[PDB]
**Q** 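In this model we see etravirine bound to p66 Reverse transcriptase.
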Amino acid sequence: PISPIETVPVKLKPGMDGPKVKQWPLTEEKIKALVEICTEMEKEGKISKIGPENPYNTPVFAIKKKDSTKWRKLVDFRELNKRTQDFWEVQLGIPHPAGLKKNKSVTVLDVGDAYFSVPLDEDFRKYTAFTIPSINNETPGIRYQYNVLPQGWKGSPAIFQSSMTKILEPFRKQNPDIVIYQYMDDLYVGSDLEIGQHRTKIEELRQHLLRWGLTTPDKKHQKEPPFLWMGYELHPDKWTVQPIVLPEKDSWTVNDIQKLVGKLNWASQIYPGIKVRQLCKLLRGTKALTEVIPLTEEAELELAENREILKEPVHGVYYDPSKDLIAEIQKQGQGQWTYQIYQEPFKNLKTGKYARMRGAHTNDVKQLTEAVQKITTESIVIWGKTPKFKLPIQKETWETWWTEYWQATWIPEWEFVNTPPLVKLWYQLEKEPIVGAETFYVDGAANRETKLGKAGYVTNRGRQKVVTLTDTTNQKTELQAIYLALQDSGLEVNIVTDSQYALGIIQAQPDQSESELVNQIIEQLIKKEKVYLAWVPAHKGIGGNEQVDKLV
Amino acid sequence: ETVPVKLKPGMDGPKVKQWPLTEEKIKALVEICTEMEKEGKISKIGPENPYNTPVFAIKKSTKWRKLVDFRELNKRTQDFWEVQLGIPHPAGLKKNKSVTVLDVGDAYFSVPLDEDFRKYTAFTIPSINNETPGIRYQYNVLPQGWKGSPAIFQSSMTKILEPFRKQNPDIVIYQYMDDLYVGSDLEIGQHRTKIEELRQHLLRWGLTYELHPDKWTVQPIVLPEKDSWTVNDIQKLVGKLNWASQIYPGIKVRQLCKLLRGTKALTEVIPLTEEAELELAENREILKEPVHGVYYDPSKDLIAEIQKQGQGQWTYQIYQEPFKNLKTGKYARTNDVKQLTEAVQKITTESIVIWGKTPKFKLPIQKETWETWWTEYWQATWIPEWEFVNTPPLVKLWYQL
Ligand SMILES: Cc1cc(C#N)cc(C)c1Oc1nc(Nc2ccc(C#N)cc2)nc(N)c1Br
Ligand SMILES: [Cl-]
């Protein structure tokens, strides 16, 4: 009950000194509770009495327990914590089931009084001094300091885990075939041993722990498969998310839909092809949490599609280190990608989705690559190696894009899989100017305070046209002029522009965009049989440009 | 004896997140790090050290080497390695016929690190799937990769080299991070012989490639020469000149965009004229030479931009203020990011020799993509700073070779 482990040196931030907070008066039932609590704690070593020598103090109080008739000592370390050094962050993250190896038998051991079982640095104890107030604060109080890690202090979580990891180390180093995961108070222990020899391995651990101050309840009350853990349900050789119930409701609040999305997003770790696009579009905008959002049709069918998928239970599988991981990706509603990761087709270790726009304008080949990149980082975290990919894109499609694009890129070993809808390029711009195709010199231009714009073009075939656009930007006009030239020309056409901006957009070959204009321009690009786009310096007197430039 | 090391006032130590590592590299890392700690170069640390710097493994050659990214710590010790002492940069290193680079990082494992500084060198070896807590060490000795180490070892290095310098006055030896740069104008065989000679001095104090910088010439912005000229070709021509104009004083496009009149078809072929053909030649003269008016400013950061040219060709510029090109170059010849990575290392290396500092790179690649992969090909012991950007499609074009 107080570990013989060596303490962690602690100290307060460099400038600062210990807290000196005034204790307020408490009611008399509260003072009574404090005295008996602290008398129990003192007899156990957790705290010990100090003289008024000690300059420092921190507020205590007490609350009634769980509607029951007990009290709990609360200590307010606000000021101590504000004055305490920073510690190494505890966990960088928590393991994913898909990464867990399979075990015959598993047992959860719970460390009793975890914090009060770890000694606190002798030199730092004084700063934890608190005082139990006398009745009406008439007489001086009872003063204590901590000898162990206090509940609510800043360093307790970090010092406990480290303490538990030093103590755990020998047992780990001596039992490499048995596996232990530590999280806060609990210890989760797994072996491929048979229920008899495993429970014996438990007892050695328990008795090792006890040799070090740490008590754990025993072999009479230890639960059974499946185990609930971090929102998952864990079985000896399969896993799944905890049971997910989607409500039957005629009216959905902003709040209901948020919860509904979170649960779907959670289910999508192992339930293939969950979609939340239509439900998420409902959240767009500003609305109270209590307000009701009429689901749309698309959203009503999504919820339907999801509720089917969730009907039949699905499980995930655990990781065999001796086999490759394969990852498969599919296209869904525009911007939505789903993926599965398995080692034996098609027993998934896990699944998921990717739906992110990078920039305003992407095409499918860019999105797929981003998804490959996201999935690769995830595999390294979970499995420590990268997956072999299967992708709905022809090697030739990908190869044409990689070179075409000015950005560098690279995806690991992958092969084609014919899972429509296939990702492709929907048009290509000409590398060279076109003979016998009309040359449109375009140009848009706004007025900075008016927001009045004029877009248009001049042609080498002497054709020309200008229009007036209202409340648009100099950006949008240069783009409207491109659109203009696409509309009024034939299936082939050379377009000359001054907009580096517009050039940038189209040259990257978008097939999606937030912009209505850009999606318009795209529709046209598809229908054309040859487009060459070229850029020229603004107002540098370039033949064709000046003409359509004055005329706007 | 430990030279006391102070951070820049008002800054705390680094707290950088450890990137996820592959199983293969983690394992190499434990091997390496258990050996380093037996030897007492590093010690395990408690939770009371809040600091962290990233660690990973590279191939220096089948054998794992460990690489610590002190880019952040370096920024926070800066004042120290840059202006208390701090190694001066030989102006003639870049003029030598031959300069050899040697790894002397092993030397720092000898010198103790100021105890009140150790805690800032903390790093973490992550575990796969977060199943066990990272294992955590700090340094007890001058770490490789921290710019403080050569500054502190400096004093011992000139001692180690004095006889050899005394005996070859005309050999230049510049230290940067964990490398020694040794240059001369000897014939390559005689150079290599002096290198081995130098290796023997080093060898008595603890210790285990070839540049020819005087053959580094600039990559001009090039103007095509054509049989025939189209409107389209001339517009491209007027563009490129117009850009080079924002940099190179003297560039004239007047006589040229003369030819471009009215509203011609892009494919129409337009006659070469004298004064144009002269303007094109005279412009070539200029683009050949250094940029009149641009100088290195020792107090400003170096920037390096790279553009993917396709077909294994990459172009680059180094500047402190945009367009004022201090230098311009190319790199040539599989894998897009492997190449980028080679290019960055080449560019960094030239930069170290010329100015004695590393540029911050503007990298034409997806953050996540680069972050995932670069360690797969990195072979330097330093790491430059970098951002990620999308090449303006025109810039790519104007520096096309
Ligand atoms: C032993 C254990 C139990 C629970 C809990 N709860 C949660 C975790 C994170 C556990 O640690 C590990 N478990 C497994 N596999 C595993 C297999 C079957 C079951 C079951 N049933 C649970 C875990 N592999 C690891 N590498 C680690 Br480390
Ligand atoms: Cl200079």
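A, B, C, ... go to the sequence lines in the order they are written. Throughout, chain A uses the PDB entry numbering, with the displayed residues spanning 1-552 in order. What you see of chain B is 6-65, 68-215, 232-356, 362-429, where the numbers are those given in the PDB entry. We count ligands from 1, going down the list as the structure has it; atoms in each ligand are counted the same way. Determination method: X-ray crystallography, 2.5 Å.
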**Q** What are the identifiers of all copies of etravirine in this structure?
**A**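 It sits at ligand 1.
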**Q** Which other chain letters have a heavy atom less than 4.0 Å from etravirine?
**A**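 By letter, the heavy-atom neighbours are A, B.
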**Q** Just need the protein heavy atom nearest to atom 11 (O) of etravirine, so name the residue and atom and give the distance.
**A**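 Result: A:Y181 CB, 3.6 Å.
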**Q** Suppose I only count heavy atoms of A:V189 and a 4.0 Å limit; which atoms of etravirine are within that range?
**A**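 The list of qualifying atoms is 1 (C).
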**Q** Looking only at protein heavy atoms, which one is nearest to atom 20 (C) of etravirine, and how far off is it?
**A**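 Looking at atom 20 (C) of etravirine, the protein heavy atom closest to it is A:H235 O, 3.2 Å.
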**Q** What is the organism of origin for chain A, per the PDB?
**A**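 The PDB lists Hiv-1 m:b_hxb2r.
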**Q** Of the choices B:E138, A:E224, A:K101, which has the non-hydrogen atom that lies closest to atom 24 (N) of etravirine?
**A**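 Comparing heavy atoms across B:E138, A:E224, A:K101, the nearest one to atom 24 (N) of etravirine lies in A:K101.
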**Q** Which of these, A:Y232, A:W229, A:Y188, has its nearest heavy atom closest to atom 3 (C) of etravirine?
**A**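 Residue with the shortest heavy-atom distance to the ligand atom: A:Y188.
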**Q** Among protein heavy atoms, which lies nearest atom 23 (C) of etravirine, and at what distance?
**A**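 That would be A:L100 CD2, 4.2 Å.
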**Q** Should you measure from each heavy atom of A:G190, which atoms of etravirine turn up under 4.0 Å away?
**A**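 Counting atoms of etravirine from 1, those under 4.0 Å from A:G190 are 1 (C).
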**Q** Please confirm whether A:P236 approaches etravirine to less than 4.0 Å, judged on its heavy atoms.
**A**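 Contact present.
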**Q** Using the PDB entry, name chain B.
**A**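 According to the deposit, p51 Reverse transcriptase.
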**Q** Go through etravirine atom by atom and flag the ones less than 4.0 Å from a non-hydrogen atom of A:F227.
**A**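 Numbered from 1, etravirine contributes 6 (N), 20 (C), 21 (N).
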**Q** Side chain or backbone of B:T139 under 4.0 Å from etravirine, or both, or neither, by non-hydrogen atoms?
**A**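 Near etravirine, B:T139 shows nothing, with every heavy atom at 4.0 Å or more.
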**Q** Test your reading of the structure: does A:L228 have an N or O sitting under 3.5 Å from an N or O of etravirine?
**A**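 No, there is no polar N/O contact under 3.5 Å.
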**Q** Starting from atom 21 (N) of etravirine, locate the nearest protein heavy atom and write down its residue, its atom name and how far away it is, to 0.1 Å.
**A**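 Going by distance alone, atom 21 (N) of etravirine is nearest to A:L234 O, 2.9 Å.
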**Q** List the closest protein heavy-atom neighbour of atom 28 (Br) of etravirine: residue, atom name, distance to the nearest 0.1 Å.
**A**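 Among all protein heavy atoms, the one nearest atom 28 (Br) of etravirine is A:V179 CG2, 3.4 Å.
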**Q** Which bit of A:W239 is near etravirine, meaning a heavy atom under 4.0 Å away: side chain, backbone, both or neither?
**A**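 Looking at A:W239 and etravirine, no heavy atom falls under 4.0 Å.
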**Q** Extract the binding site of etravirine: heavy atoms, cut-off 4.0 Å.
**A**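 The heavy-atom binding site is A:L100, A:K101, A:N103, A:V106, A:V179, A:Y181, A:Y188, A:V189, A:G190, A:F227, A:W229, A:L234, A:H235, A:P236, A:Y318, B:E138.
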